[PDB]
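Among the contents of this structure: BGJ398.
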Amino acid sequence: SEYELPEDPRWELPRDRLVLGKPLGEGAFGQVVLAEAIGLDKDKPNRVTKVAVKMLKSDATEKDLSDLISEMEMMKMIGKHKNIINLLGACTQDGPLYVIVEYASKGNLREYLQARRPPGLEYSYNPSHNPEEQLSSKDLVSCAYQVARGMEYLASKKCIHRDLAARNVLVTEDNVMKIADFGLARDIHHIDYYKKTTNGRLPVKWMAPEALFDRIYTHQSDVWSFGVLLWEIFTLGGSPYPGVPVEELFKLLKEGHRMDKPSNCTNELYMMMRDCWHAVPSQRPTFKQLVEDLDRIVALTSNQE
Ligand SMILES: CCN1CCN(c2ccc(Nc3cc(N(C)C(=O)Nc4c(Cl)c(OC)cc(OC)c4Cl)ncn3)cc2)CC1
């Protein structure tokens, strides 16, 4: 239980200043909740901010604490960007480790897009019982731009996400896109391809071929994944490679088969997808060029549609 937790007075927040609310989600030997932090900014001690706090579960082992510290310390090294989930504070003293980060009210991007789906031929059915206002064409390109910006920053800081999907992007109340779970430590063991997360997702579909076969992870493998993410944006939370099992995906990609253009998508944007989906990693575009291009398309894309 003790354990030597590093104290960092700049990130340190007192526990009586944090009021723990409802759970946000459940991870590996750790759980996230909503909370209200009183006086997050020290020259404004009387203000409350909604935050997300990560804490270990009952079944958590020594390995899990080291991971949690690693994740926290990793966010310190990467620093702040608006388009990623940022470290706010932590409680290392007088109790269990709490890691306080930015809160995105509107949930993950996959559920955000699926709830904003218009009825029609171009998109699938809206799963949400309380559907929201539909998104414009500019909003969607803008969404892609933000994710790229955030990924561009993580790239400059030498962070490789290695799982990048609409699920791993979160949306705030201000409808700012923020990359989530970027600071994870890579497992030393081999991964089970058929294995699903707590949500029932297969990550293999976002993996570049080199990562899928030879388990090689680069910034370029994230670009491939960003192609899959782009596809998800313009399918409004569509499932990649529908009705394709793992075994069928291995062969499909080797033969050079790629996903079909989404019903509502421009050729320029589908070319961007195909560029990220390029077999040879060196021939894929960089996030730097993806930001430069998307910045241009957003201005050109009308907000009326
Ligand atoms: C319809 C059913 N839904 C209801 C909405 N729900 C939901 C999902 C996500 C959110 N928003 C969130 C979620 C999170 N989560 C889950 C979260 O884990 N945040 C977090 C992140 Cl992203 C980190 O990145 C490195 C690091 C962290 O601690 C080190 C944490 Cl704590 N952090 C901030 N906002 C809010 C609600 C998901 C289930």
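All residue numbers refer to positions in the sequence shown, counting from 1. Atoms within a ligand are numbered from 1 in the order they appear, just like the ligands themselves. Just so you know, these numbers use all the heavy atoms, side chains as well, and skip hydrogens, waters and symmetry mates.
What binds BGJ398 (ligand 1) most in this entry is, by the naming of the PDB entry, Basic fibroblast growth factor receptor 1.
Nearest UniProt active-site residue in chain A relative to BGJ398 (ligand 1) (non-hydrogen distance, 1 Å): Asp163, 10 Å. The contact region for BGJ398 (ligand 1) on chain A lies mostly in UniProt domain Protein kinase.
Applying a heavy-atom cut-off of 4.0 Å to BGJ398 (ligand 1) picks out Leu24, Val32, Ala52, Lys54, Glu71, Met75, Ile85, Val99, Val101, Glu102, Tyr103, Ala104, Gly107, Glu111, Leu170, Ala180, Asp181.
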